[PDB]
Amino acid sequence: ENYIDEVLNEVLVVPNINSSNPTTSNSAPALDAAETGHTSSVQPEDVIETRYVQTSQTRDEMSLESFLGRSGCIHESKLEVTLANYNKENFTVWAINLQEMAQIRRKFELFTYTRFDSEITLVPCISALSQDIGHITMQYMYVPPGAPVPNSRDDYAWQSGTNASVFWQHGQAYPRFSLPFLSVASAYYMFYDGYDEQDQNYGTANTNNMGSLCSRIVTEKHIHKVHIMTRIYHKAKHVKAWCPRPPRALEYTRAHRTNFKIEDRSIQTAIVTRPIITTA
Amino acid sequence: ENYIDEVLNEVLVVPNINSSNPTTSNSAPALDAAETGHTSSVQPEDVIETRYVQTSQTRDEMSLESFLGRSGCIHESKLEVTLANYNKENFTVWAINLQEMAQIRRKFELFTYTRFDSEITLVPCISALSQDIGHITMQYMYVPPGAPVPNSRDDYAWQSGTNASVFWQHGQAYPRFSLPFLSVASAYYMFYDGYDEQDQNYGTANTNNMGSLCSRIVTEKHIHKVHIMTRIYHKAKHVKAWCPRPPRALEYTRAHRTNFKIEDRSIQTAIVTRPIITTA
Amino acid sequence: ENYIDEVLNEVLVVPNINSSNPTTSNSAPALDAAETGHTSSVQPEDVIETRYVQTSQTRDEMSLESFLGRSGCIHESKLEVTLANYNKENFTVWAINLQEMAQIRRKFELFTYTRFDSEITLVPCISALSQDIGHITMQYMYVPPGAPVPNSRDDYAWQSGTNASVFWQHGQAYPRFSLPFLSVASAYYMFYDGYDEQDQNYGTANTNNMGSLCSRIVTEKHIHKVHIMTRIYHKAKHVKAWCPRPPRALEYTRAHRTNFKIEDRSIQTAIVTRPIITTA
Amino acid sequence: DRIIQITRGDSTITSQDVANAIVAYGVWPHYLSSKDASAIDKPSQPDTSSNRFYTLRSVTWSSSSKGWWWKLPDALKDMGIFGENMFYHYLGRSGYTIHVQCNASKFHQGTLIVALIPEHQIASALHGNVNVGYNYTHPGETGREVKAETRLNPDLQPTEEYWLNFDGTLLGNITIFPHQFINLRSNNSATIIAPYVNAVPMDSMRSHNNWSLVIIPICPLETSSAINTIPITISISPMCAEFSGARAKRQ
Amino acid sequence: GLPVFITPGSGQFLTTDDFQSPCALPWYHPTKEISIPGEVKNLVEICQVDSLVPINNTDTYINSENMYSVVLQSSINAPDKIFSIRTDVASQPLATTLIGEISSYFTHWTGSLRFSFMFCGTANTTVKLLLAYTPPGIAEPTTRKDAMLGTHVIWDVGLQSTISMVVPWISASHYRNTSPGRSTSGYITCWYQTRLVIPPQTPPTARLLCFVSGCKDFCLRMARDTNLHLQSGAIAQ
Amino acid sequence: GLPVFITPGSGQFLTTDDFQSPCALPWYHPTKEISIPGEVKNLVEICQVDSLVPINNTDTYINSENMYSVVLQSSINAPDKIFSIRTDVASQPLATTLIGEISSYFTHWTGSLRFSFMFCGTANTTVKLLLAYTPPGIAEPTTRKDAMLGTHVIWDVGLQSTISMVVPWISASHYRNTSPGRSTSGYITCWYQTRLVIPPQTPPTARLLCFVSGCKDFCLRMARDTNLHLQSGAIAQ
Amino acid sequence: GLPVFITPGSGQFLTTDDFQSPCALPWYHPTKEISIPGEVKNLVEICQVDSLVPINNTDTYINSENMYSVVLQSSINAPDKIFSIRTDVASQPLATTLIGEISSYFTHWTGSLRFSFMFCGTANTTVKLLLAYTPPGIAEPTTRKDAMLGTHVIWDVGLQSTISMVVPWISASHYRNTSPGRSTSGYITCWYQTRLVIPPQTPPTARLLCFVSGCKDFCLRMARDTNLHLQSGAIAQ
Amino acid sequence: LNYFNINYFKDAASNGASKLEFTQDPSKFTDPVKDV
Amino acid sequence: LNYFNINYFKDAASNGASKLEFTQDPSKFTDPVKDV
Amino acid sequence: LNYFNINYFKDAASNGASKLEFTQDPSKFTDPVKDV
Ligand SMILES: CCOc1noc2cc(OCCC3CCN(c4ccc(C)nn4)CC3)ccc12
Ligand SMILES: CCOc1noc2cc(OCCC3CCN(c4ccc(C)nn4)CC3)ccc12
Ligand SMILES: CCOc1noc2cc(OCCC3CCN(c4ccc(C)nn4)CC3)ccc12
């Protein structure tokens, strides 16, 4: 009875509007005090004579799972492949944040704390700078805090003995995999009002340190100059979040900091000015 | 009831910490003799007043199956393809060891004896040295001790009448296959305190002789110079191991020998020196 | 109870060795006459004092099905593609034998008669002789005795109205298909002590005539010179065989004949000479 | 209750200060069963003439001694019926009770680590393509002293690096092996019982040493006493020893 | 091997899919959930909280706190407009508010809106205001009469500072567009029902605050990216 | 042929997957298991065994056996520090030890640690030592008073050579990082509760050994490659 | 279309796979099986038949029939060796024989071997021979005493020409390698227990034949291509 | 009609999107009421 | 545990490798015995 | 909820990763106790 009721997307329903009648009384529901910190309780039927209407509408789409459960780009890593003995270079390293791309960052920053499993999806594209391409295989390895970080296209750490790596080669479809919620605490921190042991680095910098995503081109020395741009996409699965905050009003400056100020530019919200308030 | 309990990864649990109280007695659990060869029995609650805490933590990930059950690189075979009538050459041969790449070698060398089935996974990559590539097909044949070893890209043994061979061609996805535990004894030897019939070749050299992995490029004479680098990856499945040993402290010199000494280089552990012991 | 017992590969078991005791008697089991044509009946326990040992070993792998049930190469057909109006040529024809490649031939020639269904597997490879390849599609048609044999890349017979043909194109994976046991008699003859109606052609020549495997490149006239080498592989499925014969001792000369003699070469078995018989 | 008496053969050992005793890997030695067996001939089990305490030549512990090791069955090569049974057959299997003895005064201090390690494959002394020579891992009852001297045939020698457990592994993780400590203020004896352990039911007594006994002092022997030098003595008794595939005597 | 047949769409990355996928960290057991107050299950929980509308958006008050209040005068005896607002919810000024910003994350609109007003004047100051929603298909009302002919609430300031009135969902179609651009949802217009009266020696001018939330009525659909935020440059690591 | 639809991830090699795969040696029947003593089922079995900490890591004692003992003096009557240690477990000095090396194969940390100490001095020598774990958010204790205010054990040398004390898992979060780098797990500091007393004609100096294992408490998660070992060159065939 | 996910190995040709595959000759109905004597179900059926060992492999007897017999002399009164053989079964000389050639099709070895000997001398000729298997870890026995200390059979020629003796499977490990190369399985050595005695006017020299088969004991595993046969050129059509 | 769903994987996180369960407020944002 | 097998094809020969059934000699190679 | 698993292959080794079964020591590393 819930394989059916969610196939037409109807669990979680909106109340009906009831009929209402001329009121004359000492009961003033329209009158409250917003000083209490409480939002008013008034409903359409309280202040106006309403008809009966059976409301078929649904909040399913508005659920935390629907809203965070769409993937969007969190990082773009460009690998410019050189041939200067080819092994001294040609690897990405990225410290892992939801904080470097504004669109998904704004969404999760709607809440103070969030918790969820992650679906990472990869979209690699080879920009061909030579007459041709040949056979390009790529490796992406997750290198958690403390794991040995690769210093060359060369080094042993791509052996990936216990680390997780995923391989892509030209013509293979977009890689994907899932992550279990990785924090050391009960939820991820979207904001942090504290510093490190050394009394430095205010903010999220301290909290979630996932380590790094490292990329390397694995095909051995060859003749074609190419660029490989792998874009990283992230869906949240299985979600809870707590303590809603107001939405970010201004462009994002820097990751892990709420800093909004920008050099020689007026501080600019999304509000739009009017000539005069008696006209809309 | 074990499709469920392992989907959230909860079989194998950690004990709770019980509350504890001020002790005054002739019973001194903190006092033992480590001379016995026995590790102490003391628990937090024995030496300090502890609270009750319900421990949700899990040892699943620490199981032998979790630890050895990740694939990592055990060999890298480069095939440089020549055209000097093309048939006299162009084949790999590799004697099969877990011993030539340090990362997985260190892990299994955590135990004296080990037993398990193997999942071999292949990652071939064609480095293009000509204007193009064309159609490259490769053959990998397992050639157990005593089987005829191929001496040319040519020879009959690639007929592979009873041997197992697996084929890869450009654009096909990473080959994979499983092996049953292959030793002639009840387990594989990670270390061997003995020699051969001739009183020579100390060590593992004697024990596990799996024969060899032989590679050949099968596409017939053609015009493009290329290199093919097939990397071999190995996961352990279905694992038991016995007699834990201390972990390798120093770089690996040679396969099948514990030799650690290196020419004109100081012998260097992973321990790190301090200025003085009263400061951390 | 046979989904289980064959998953760990244990149906077909080897007997245990029983304990044995000092014998003193008129019963001499060690003494027989091999003149009878009978192999001796003696077992370890008969001539020596043996212990009890529970034998866990298994003959599964030694079954006729295990032994013939691995594919190996029976033919290699090279198609050199010319462009001299392209239609006069460019087709393989092969008369079908298990007799042209030694490795599988030796195995089946372990028996006088054999019967089984066949799994043919194809490994085509394009050797590129031009700057490129383009789109190569190939056709393989089975042309049983009496069916019209194609005389040109051209001719109608590739219409394959009732014949079986299988198509391969570059990038498609290795074709495969099954054949039902095709002889006109109850089993295939590995050897034949008789001639044809005309009192000629001693041997297997007479017996199994399967007709021919015909190959053609189907892509229409184009500019790239290439070679296509399709190797044919054959597994036996569902097997019985009768009347074991001794194994072939010498190199194979010719198909369908047991001829072993070779021109200006000493006749050479696989036996190896010793200096003297009192030393091993 | 710090007393111990172990009787094995016609032999009985006694120690009035011991720390418990350790059974290796938690398994007492046994004879080889029908389920696990391979060799189909009837084993020979010398019982009391074989499973008895053989005590080897003693070694001397000084202010300078940095360690010693022995290999089994090797150390017993020349010992009695166990020895002879060793070279008359292809195969043998045995467990052992190892009893290491060092006594001193309440006025001395020192600490030994006594470890029995399985498949202790030691490391070559030098770099490159060397290995260790048969003779050097088959010292007999005398064992290897760690000596700072230059040695006969160095390409064949084993490392002298004891703190590397001779195997290229950190001493002091040497514990995951069955072990005791002899610490003079506390005890006097160390005692270890071991079961056969090997990935095969019986092996060659000649070409393979299942165990190595290694004792290296992790606390240097200090005293104000006149006797500033004391002996360590090894006695080991085979247990449930069996042999098979008998033939003539290998030399 | 089971005979199977591949279908249009295969191979494709669709952002909004949900399929399974191997976990890259097998056997990993995540940290205990614990109790934190204030869980949100559904976005509408937020739309239902009073947010302050930036009712005074003149260039002159823009980046201050004064953008959030309107000023009433004792100087006026008259049926004068005080202010007005487009009622669509992703519209200006209300786009900036909780309910707006969230509505701006969807393309579809429906429900009733709750506009509450708090009078911040002296305890001894008094006024009566008219609050009016004039439904669509007509122009913003230019006079008190014109406004009052629609849905209204006459508000009397007294002991309770606040009053809530509601714009009923009244519309042709069940849902509306959050970015309509040409079409309107109607207007809400504030006037003087009487006059702002004062005693001797008390400030002549008093302020007025304005809030919005959604009613039980309210719902959003078809999730889209927000128009109220952008990324110009790149974000620092 | 059954209609089927291909999903993101396909074709991919993921190191940590487990899927099935044809066996290349069909029908092969592997050798009997037999009984070998000392099976290990789970890594924690190892973390639970006492290992010796390289407590004296000075450049001067480094590659000897003396790195493993600390020296006590009868020459001192005083509340002096003897040594100290970072308590995080993948940390130096303890990284080299059983429990460390293994913890170094995971990225996550939790449990209580068992530090046992064996006194190797003369049977007639005596001392009383203070062993102290000072919890994080403060600096390594500089004085006996400062140290003792934390979790401690006062140890009296007598017939039994050894004592075990434990650092409780006390931490903000359920787990910790095995490579924290900036954050600390606290310190463990050894002092003189009284003095090392000696008779006539017995060595004036006595040594002290130090061991670690994990308690029933202990657990590791998120497997990663080890930082305590590397491969510089290539390994000989 | 059903969502499905592709796995490592796909596309691959593995020689030793068994999967299904469309039949190219649908509806075809194969010829009746009929009864032919001598079916073989299992390879071991062959290993269990007596084959003649090429015991005399000297360059001098090589391609004759005399490679298959050994010659005994009445001229000798002595404990002399007659011949010897490596006992491994893929070894020379026995590789050529039924059981060898087949063992040569596998990489693994186990069981007991049955060596039978037929005396071809005059009905009136007599001898007693010693047949000895000396187990591994020692050198081929150089003297009668040395040989006899192992597993043996003293054979007395009389009315029944033949005797069978057996080399027990005696080995460290459950299986052995069919191509060991350095390691040995032991030796089998034939000596004079007494002397070959003859009457007046009967041939002074008599021959001896030698056979091998496997016991109920015997098993082979891990199929590999044979080393006892090759293809140098190409084979004629 | 309705639809079919099985989980094909050994780990929690592999599983697809979760099912929806009711808003069930409590009114803790809009009315956290100390005297109701 | 155990394993799953279905035949997907209409013809005998398409089917995969056959199952094993016992050696069950008779001793016809080693002892074809006319008087036993 | 829970998850589905079948073995698709004829041989032991083809099967995927094994299931976990309890540590069940015995204490043979930490306490191999001759008198307990
Ligand atoms: C071999 C593949 O490895 C990876 N490639 O791409 C990857 C991406 C990964 O992160 C998963 C999503 C995480 C990002 C971390 N994140 C946070 C945490 C705290 C804050 C304040 N903001 N964002 C929470 C969820 C993990 C691994 C790989
Ligand atoms: C047609 C494909 O053939 C193969 N390609 O790659 C392959 C890899 C193979 O080995 C599987 C894993 C084995 C390696 C042997 N090994 C040991 C044994 C003893 C020691 C001391 N160290 N390592 C234990 C497990 C087997 C066959 C192929
Ligand atoms: C459109 C595809 O057609 C074919 N491509 O490759 C093919 C291969 C084919 O033969 C299947 C195996 C057969 C070979 C004949 N053979 C024998 C018979 C007698 C003797 C003495 N030796 N060998 C027995 C089994 C049949 C058809 C095709």
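Every chain is numbered from 1, with letters handed out A, B, ... down the list of sequences. One-based numbering, in listed order, for ligands and for the atoms of each. Part of the entry, not all of it, is on display, and contacts are counted within that displayed part. Just so you know, these numbers use all the heavy atoms, side chains as well, and skip hydrogens, waters and symmetry mates.
- This structure shows the largest set of contacts to ligand 1 coming from the chain UniProt labels Capsid protein VP1.
- Drug identified at ligand 1: BTA798.
- Counting only non-hydrogen atoms, chains lying under 4.0 Å from BTA798 (ligand 1): A.
- Using a 4.0 Å heavy-atom cut-off, the binding site of BTA798 (ligand 1) is formed by A:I96, A:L98, A:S118, A:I120, A:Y140, A:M141, A:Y142, A:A164, A:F177, A:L179, A:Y188, A:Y189, A:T204, A:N208, A:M210, A:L213, A:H234.
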